[PDB]
Peer 1: 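Lab note: structure loaded, ligand of interest is colchicine.
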Amino acid sequence: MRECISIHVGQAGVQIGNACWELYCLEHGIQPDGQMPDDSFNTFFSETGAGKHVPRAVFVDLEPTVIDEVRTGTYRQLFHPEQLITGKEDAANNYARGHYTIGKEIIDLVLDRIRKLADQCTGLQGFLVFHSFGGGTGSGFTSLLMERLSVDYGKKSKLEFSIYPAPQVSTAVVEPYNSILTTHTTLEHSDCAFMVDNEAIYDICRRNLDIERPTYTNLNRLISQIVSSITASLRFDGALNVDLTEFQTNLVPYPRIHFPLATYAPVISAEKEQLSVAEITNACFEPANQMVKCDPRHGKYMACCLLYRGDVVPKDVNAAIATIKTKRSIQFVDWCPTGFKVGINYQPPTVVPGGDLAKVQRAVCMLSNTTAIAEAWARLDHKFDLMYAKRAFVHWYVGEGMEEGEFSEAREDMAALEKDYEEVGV
Amino acid sequence: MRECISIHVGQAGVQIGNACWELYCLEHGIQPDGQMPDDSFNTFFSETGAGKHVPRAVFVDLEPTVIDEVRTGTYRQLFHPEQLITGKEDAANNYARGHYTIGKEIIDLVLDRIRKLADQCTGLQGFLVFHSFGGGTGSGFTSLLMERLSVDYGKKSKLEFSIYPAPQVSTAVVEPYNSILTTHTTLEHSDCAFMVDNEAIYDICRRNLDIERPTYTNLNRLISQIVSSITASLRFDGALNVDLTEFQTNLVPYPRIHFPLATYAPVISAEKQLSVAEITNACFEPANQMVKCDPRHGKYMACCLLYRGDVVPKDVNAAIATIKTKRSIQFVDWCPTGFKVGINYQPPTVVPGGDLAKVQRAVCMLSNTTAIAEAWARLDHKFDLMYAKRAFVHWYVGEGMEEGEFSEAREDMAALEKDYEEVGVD
Amino acid sequence: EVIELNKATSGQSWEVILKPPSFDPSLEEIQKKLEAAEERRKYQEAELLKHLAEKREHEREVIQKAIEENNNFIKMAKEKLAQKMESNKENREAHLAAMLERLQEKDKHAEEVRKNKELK
Amino acid sequence: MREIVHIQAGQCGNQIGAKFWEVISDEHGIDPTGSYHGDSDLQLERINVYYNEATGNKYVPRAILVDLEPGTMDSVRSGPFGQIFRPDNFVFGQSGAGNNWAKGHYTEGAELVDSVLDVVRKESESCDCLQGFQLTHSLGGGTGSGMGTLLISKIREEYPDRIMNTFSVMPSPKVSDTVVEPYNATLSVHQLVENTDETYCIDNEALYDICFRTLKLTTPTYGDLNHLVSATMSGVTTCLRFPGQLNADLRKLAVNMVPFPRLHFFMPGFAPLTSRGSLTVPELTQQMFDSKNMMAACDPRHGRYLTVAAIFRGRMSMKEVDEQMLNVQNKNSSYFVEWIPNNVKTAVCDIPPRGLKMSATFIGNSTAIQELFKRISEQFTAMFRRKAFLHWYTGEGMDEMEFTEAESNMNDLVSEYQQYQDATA
Amino acid sequence: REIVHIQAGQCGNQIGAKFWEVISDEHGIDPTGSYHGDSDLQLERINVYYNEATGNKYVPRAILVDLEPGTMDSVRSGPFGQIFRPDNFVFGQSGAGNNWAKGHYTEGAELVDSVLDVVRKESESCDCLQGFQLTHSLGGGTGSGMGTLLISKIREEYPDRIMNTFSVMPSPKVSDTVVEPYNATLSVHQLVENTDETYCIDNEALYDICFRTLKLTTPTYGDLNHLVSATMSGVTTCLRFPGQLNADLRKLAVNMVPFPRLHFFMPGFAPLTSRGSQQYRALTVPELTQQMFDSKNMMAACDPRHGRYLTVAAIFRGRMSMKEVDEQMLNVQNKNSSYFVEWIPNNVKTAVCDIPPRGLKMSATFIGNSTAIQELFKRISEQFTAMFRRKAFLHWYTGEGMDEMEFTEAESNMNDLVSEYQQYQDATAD
Ligand SMILES: Nc1nc2c(ncn2[C@@H]2O[C@H](COP(=O)(O)OP(=O)(O)OP(=O)(O)O)[C@@H](O)[C@H]2O)c(=O)[nH]1
Ligand SMILES: Nc1nc2c(ncn2[C@@H]2O[C@H](COP(=O)(O)OP(=O)(O)OP(=O)(O)O)[C@@H](O)[C@H]2O)c(=O)[nH]1
Ligand SMILES: Nc1nc2c(ncn2[C@@H]2O[C@H](COP(=O)(O)OP(=O)(O)OP(=O)(O)O)[C@@H](O)[C@H]2O)c(=O)[nH]1
Ligand SMILES: COc1cc2c(c(OC)c1OC)-c1ccc(OC)c(=O)cc1[C@@H](NC(C)=O)CC2
Ligand SMILES: COc1cc2c(c(OC)c1OC)-c1ccc(OC)c(=O)cc1[C@@H](NC(C)=O)CC2
Ligand SMILES: Nc1nc2c(ncn2[C@@H]2O[C@H](COP(=O)(O)OP(=O)(O)O)[C@@H](O)[C@H]2O)c(=O)[nH]1
Ligand SMILES: [Mg+2]
Ligand SMILES: [Mg+2]
């Protein structure tokens, strides 16, 4: 049995965690009290002597507000109180505060709970980590946690799901700083990180769901659909991406270039005819459906996987794949084969009942490692340079014990990554 | 708390004190036995166990005559007998008898009584001293006393109320001498001195009050209303209040420049209602000043307006707004704002049998103008006329003084005139 | 070109190929950096409480100075009044001494007038 | 990260302090007897931020009322909500401060300050996690200016890690109680530069000018000025007091609004400007960057914004709020620094302020605030180059060079502001 | 505030007795010492001049002194003679032969211890002695010689006390005794040194007033003493009666004597009347003020317009408008500015007492410190020199033990006095 452990750090990670575990319980028929009227779900859910199923999850925040809504909420009975860890005072959007000041005070406790979940595993694969780039806890504590998890579980995979900041979705002035800082610290410790751009998700909610101003519930439910596609491989007895190690093998030919672009289709408004395998497929190469804003035809591909879901027949898939070859000019790097790994997972896509998504008989999620995602880094790098040339806000970080040198070091790493992407797409 | 102790020296001081304490007992409802049918009057009256309210005042004179009228008059049971102190022989219009020969025999008695009044205080604000420039006692004994109070009480506020001599009102030939001598030795010891030109009071009585030949009771009752205004801030609760410290710091820009010009309005004959604007404007008309001088040819360094009665701050604001426009009224360059405002609720009380009319509202302005130097100039000239011939000096030398002290006192007055010139420089 | 990969209960996976490729720290290091940051935080805090302490000392020096100023103003007043009062006493006593000596010199003369009357 | 401790010092501090509590007690449904009678539970969600719960389920402000003078706190106790305040949190001396900053800071204030710090130390131990301190006070007088800055210095020594935030009223010769206001204000701006994390600059020059010029009040009174001040203090704290989109406290505000430690003085603004007794979203957005709406008498078009916070109150589409805020930004691009991306932030709250169906409050960190300090500095130099009224300060034990140090530092703050006005990208 | 009154010699006891008669009537005291008066204003300052006897009687604080026993029987004979304490009568048996040296050095010195006994007893009965006043002539031997000796001895014992004299100046019109200029010059010597204020009563001016104005062909001492008594009443009014004035002898001396030697006052009085004579018209206030700077109303034979006033005190008595009184007094000063020194500002003072003297509805007394008083001292000095040039009568004086040199010194000193009066007469404020 191939157990995975989910870690949800800070506000964004806790609220995306809420949305995923909600969908998981709906997908596997687990009620909010953990009762349940294919046994691959046990990779994500343990079982107690009372017959209840408990997520293999830990929720971490340096502030009690968000997790208190888990403690008192609809799924309050699903988690045991040990799995929910709060401090009293948050990181105030300050990476060095979450990483050096408070993080030093709560890390050993968090590792202790992780150590305990890991002891209920006969074959732990590793960790899924959810966090924002922008918050002080999501950037600062997460990067401290990754450092420690590498020390304590060396041969174990870590996959990140990272919220990339956007001015349209409640961002703060200092989030470029936090983003570059945590990316520096966690690069060598993550094996595969799926970035979620809040602007991309917000755009998708507006255009396809007709919600002029999406809520966090809106964005997180749409995010969970994407996360669900990626983990459905692990939670059901699928054939593509059956273990955490397979993501590196299939999507990350070069270690630092481990940031794949997810694409999902279709997103149909519940308020508002079933789409073929071929229509959801060529809608995988339209930038509007990307989780990160970039132009993949001004880049090159190193890997590409299609995760189908629902009533999808293999001949339809090949029929679609042949059509887009002649219809679309997509470029792979010289040293990679030009083609696709295809997975069908027969479980239908599931939507939260009453939510804003519509139930569909078939859906697809495409995972690609493209050099085009470099321009998301370029955008952050530029906002970092504007503020750092004037040393703006740096004094908050130095006051927590960080050295101004860490800023230029982190920014030099981001430069190296930007030209790593340059070099492989030469 | 916030007690003030009053010292009345010599005939002029004692008789004015009579008018003042008769006014306070009326303003607060204290009958002449100190019984009484807002406890701010306790700054000026202590209370005995039997409910007897007793002035915090000493009356002193080197001759017993004037204080014997107190000891036998209406208010003879208002003061304890130890507060009324008399010697046998006056100072015969000779400063040096008041300061040395006669005064040195009673000074220790006077400080011991004062010490006992101070011992009944838990927040002594300062001393108010009433005396004449011209008397041998008013000049010489007040100088002795101010020196001795600075030794006993350090830098504690000492404010004077000084009667300035006038030929129209029982002045004597040697009063110029006594005025300069007391001003010299008292400069270093007083923190603020309010001069009352007997000619100015005299003229107000004949012009506004239609009294052919004013008597002291006429003059002193007028003076009392002005003193009452200044002290009203300290004995009443009020809307905008001004303690003794606020006085000194808002009116005295340099230690030696401490002789504010007092103005009062309205002064209406009893046998004959004015606006806040009307009385405010009349504080800048020279007919109502307590010293004869012309401020229209001087410069203002500070103005303090004390309103009593039915006065609304919005009306004081509108009225002071008018004053700031009239450039007949010139402030020095270095005074960005020279206005402090007091407002107390209780209208001026009129003594029955007096000559002033009850009014709903009045105002007393204290202004520090360079133009008060004109009053020093008139005294110095009379000093010089006589001193050039050494007329009358032998009376002072006989009591042990030196001519040395005469020129020193006159040179200090030269420097004071030069100080008033320089502070009006732009 | 299709290539079958795997089949299972809840799905199957394969691969499609169009063109082939053109071309064939330590725990102690971690806690070392965190203890160093913690000792920079505590050193900056030490510096702040040091400057605040320096301001406490200045404040009680100002209050002391105002006390000393007031005591020096009493001490100057006291000795200047003493010098004044004793100078007036020596002068007034001298005037009286001189006035009495002139009167007594006249009394000497009057006894001399009397004795001179007894010669005649 | 929840509770605020509030301190009002001196006459002015206690007047606007009272008016503030009067305003937020009405917004949260707290009556003067201390008990609650509102209709939305949004009024109780963050009530603990500013209030303590009493035994009889009554709410008691977390307020400490300070004066060296007894008169004003009799006046507070007599006001409308005078009974709501804890009788133990009044700390009043007996002498007054004599309009003198040296008396407030050195001699009289030092003898009352530890009695104040005990009451502070007690209210803060009654906190689960203390977010910070907020102080209301004037800089022109002696108690709020001198003892207030003494308080701040001593609170910082006992709570080094806590946010200190002041609401500081700026003197003006248009509404002056005392002739030494420039000395008092300059000596304490020195202190605020050193020891506060956010200061809201309330300019009496601007309040008077709004009342006179826009509100057509011939003769402004402190009641009028304070009507504008309390509206601004309500708006500025709306996100602390009410649940909303924002999960943020005073520390996160300091982080995102203060790019350089000394540059932490904010221009407050408000719209609509109203008179006691007696608008469209586009108009709201526009008059918020209008000079006529700044509570600091500076023209923002004379400088550039480092950072701006705006909050809109009332029912209104956020789509139209955001569209107008971006239009204004892009229209006036040369008044925002380009080296701080997305430096204009907007929050909306459904609950409109009492008496108004819509409003907007503005917090801007602008290089144009240097005009305020230049003004204090020129009045300072006009008196000080003649040593006028100086002996009242040296008499308290102060040395002249404390004065020159204070103006030198304030002239450094001006040039510091000017340096970022001229910085390019 | 008690005064001790001493009268010495014939003239001293005659004008001293007249003084007591006049103020006793003003104060309601009859010759027995009982008070028979109408108003308590008579009694308020009665202790200045009278002691309170048991029996509700009042005894003048008076010391009567003469070397000749004669005149002190006629004072006992005089009306009010029984009013004086008998123990205060100190008299010898040999006169002084109009010889100052007998008064000062020989016969007078033997009797002076006994009068100091009385003075010590009267003054230590006082609670606060103001000072002393002495009535005497300067032309005789007892008043001049023994009187100035008494002053010197009282100086020794009471050096902080004021000394005041009413000094009668000789004149050839009145007395024929040729050595009166010698006695007056020796006396003035002493007075310059040892008194604080001296009223100069000139027998020359008293004679001229009686002869020229009162048309008395052959005036007598009684005629002349009427004008002395009116004046002494006038100048003591504000010591004796409560008025505006809160003042004693020392306050008077401080404001009237700007230089120590220049303390000789020129008294004046209006209206002038002869004794026991009904006045058929009281003067008006304009008349009083005018006739008071008129040389005909001076009691010293000097024209005021020949000099300058250093200081002037004017006392008006009667029911009159203080409006009109202060009006005229300013007029007088303005019209006649060139007679007041400009370097003593406000040097004319005016008091009004409602109590008029007996026989007048209104009167005025003038006390002027004028440089014209040098015309008096010159006249004495001229008469002195005309005798001394020839050593006339010197053996009356050296026979008593004096030396010529003492005469030379007194002449020097009086010429010095004339010189200083002229120095200040000629001084400008420039
Ligand atoms: N998609 C999505 N993004 C979120 C959510 N909550 C916060 N974010 C984003 O995360 C960033 C802010 O960081 P937070 O996670 O909220 O901060 P934190 O990790 O709790 O650390 P602190 O600064 O101490 O609060 C912003 O870019 C937000 O837009 C969420 O529920 N869904
Ligand atoms: N306004 C007013 N002035 C007075 C009064 N009494 C005296 N004066 C003035 O004070 C000066 C006289 O000084 P006094 O006070 O009488 O003398 P003294 O202080 O008692 O001292 P002595 O010289 O010892 O009598 C003159 O200018 C008088 O006009 C008074 O009752 N009211
Ligand atoms: N006006 C006035 N002058 C008098 C009177 N009696 C004497 N004189 C003058 O005084 C001078 C003489 O002085 P006396 O008083 O007679 O002498 P004395 O002081 O008593 O000394 P002896 O007579 O020598 O014992 C002469 O000028 C007299 O004219 C008097 O009653 N009235
Ligand atoms: C406690 O109340 C506030 C707290 C903060 C902010 C704020 O303005 C909207 C507040 O209301 C006045 C805030 C301000 C400005 C920012 O940039 C200038 C920012 O990046 C970010 C913020 C806040 N974050 C967001 C996403 O608005 C956190 C700090
Ligand atoms: C006890 O009797 C008198 C005492 C004095 C004065 C006086 O003349 C009016 C007297 O009556 C004769 C007096 C005299 C002269 C002054 O100026 C020449 C003066 O300034 C002042 C005075 C007197 N003071 C006043 C105010 O008149 C004090 C001394
Ligand atoms: N805005 C406003 N300013 C005030 C108020 N009261 C006083 N001030 C200003 O505060 C300064 C005087 O300080 P004040 O508080 O009276 O003295 P303190 O008690 O020593 O702090 C001057 O600038 C006053 O105009 C008020 O109610 N509102
Ligand atoms: Mg958070
Ligand atoms: Mg007196």
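The chains referred to below are lettered A, B, ... by the order of the sequence lines, with proteins before strands, and numbering in each begins at 1. Numbering of ligands and ligand atoms starts at 1, following listing order.
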Peer 1: Could you point out every ligand or chain corresponding to colchicine?
Peer 2: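 It corresponds to ligands 4 and 5.
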Peer 1: Write down the macromolecule with more contacts to colchicine (ligand 5) than any other chain, named per the PDB entry.
Peer 2: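 Chief contact partner: Tubulin beta chain.
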Peer 1: With a 4.0 Å cut-off on heavy-atom distances, which other chains neighbour colchicine (ligand 5)?
Peer 2: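 Non-hydrogen contacts: B, E.
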Peer 1: Find all residues with any heavy atom less than 4.0 Å from an atom of colchicine (ligand 5).
Peer 2: B:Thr171, B:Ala172, B:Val173, E:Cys238, E:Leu239, E:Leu245, E:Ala247, E:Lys251, E:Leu252, E:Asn255, E:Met256, E:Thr311, E:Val312, E:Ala313, E:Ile315, E:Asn347, E:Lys349, E:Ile367
Peer 1: Under a 4.0 angstrom heavy-atom cut-off, which atoms of colchicine (ligand 5) come close to E:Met256?
Peer 2: 15 (C), 18 (C)
Peer 1: I'm curious which other ligands and ions end up under 4.0 Å from colchicine (ligand 5) - can you check?
Peer 2: none
Peer 1: Show the atoms of colchicine (ligand 5) that are less than 4.0 angstrom away from any heavy atom in E:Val312.
Peer 2: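 Listed by number with element: 18 (C).
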Peer 1: To the nearest 0.1 Å, how far is atom 8 (O) of colchicine (ligand 5) from its closest protein heavy atom, and which atom is that?
Peer 2: E:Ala313 CB, 3.3 Å
Peer 1: Identify the name used for chain B in this deposit.
Peer 2: Tubulin alpha-1B chain
Peer 1: How far is atom 27 (O) of colchicine (ligand 5) from its nearest protein heavy atom, and which residue and atom is that?
Peer 2: E:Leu245 CD2, 3.4 Å
Peer 1: In the PDB record, where does chain E come from, organism-wise?
Peer 2: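 The entry lists the source of chain E as Sus scrofa.
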Peer 1: With atoms numbered from 1 as shown, which atoms in colchicine (ligand 5) lie under 4.0 angstrom from a non-hydrogen atom of E:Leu252?
Peer 2: 3 (C), 4 (C), 5 (C), 6 (C), 7 (C), 10 (C), 14 (C), 29 (C)
Peer 1: Which of the atoms of colchicine (ligand 5) are close to E:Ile367, meaning less than 4.0 Å from one of its heavy atoms?
Peer 2: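 Counting atoms of colchicine (ligand 5) from 1, those under 4.0 Å from E:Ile367 are 12 (C).
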Peer 1: For colchicine (ligand 5), which atoms have a heavy atom of E:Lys251 less than 4.0 angstrom away?
Peer 2: 29 (C)
Peer 1: Quick check on contacts: which atoms of colchicine (ligand 5) are under 4.0 angstrom from a heavy atom of B:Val173?
Peer 2: 17 (O), 18 (C), 20 (O)
Peer 1: Which of the numbered atoms in colchicine (ligand 5) are below 4.0 angstrom from a heavy atom of B:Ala172?
Peer 2: 20 (O)
Peer 1: For atom 1 (C) of colchicine (ligand 5), what's the nearest protein heavy-atom neighbour? Residue, atom name and distance, please.
Peer 2: E:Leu239 CD2, 3.5 Å
Peer 1: Please confirm whether E:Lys349 comes within less than 3.5 Å of colchicine (ligand 5) when only nitrogen or oxygen atoms on both sides are compared.
Peer 2: yes
Peer 1: Could you tell me whether atom 22 (C) of colchicine (ligand 5) has at least one protein heavy atom nearer than 4.0 Å?
Peer 2: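 No; the ligand atom in question lacks any protein heavy-atom contact below 4.0 Å.
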Peer 1: Taking 4.0 angstrom as the limit and counting only heavy atoms of E:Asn347, give me the atoms of colchicine (ligand 5) inside it, by number and element.
Peer 2: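 Result: 18 (C).
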Peer 1: Identify all N/O pairs between colchicine (ligand 5) and the protein with a separation under 3.5 Å and present them as a table of atom names and distances.
Peer 2:
unit_1, atom_1, unit_2, atom_2, d
colchicine (ligand 5), 20 (O), B:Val173, N, 3.1
colchicine (ligand 5), 20 (O), E:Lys349, NZ, 3.1

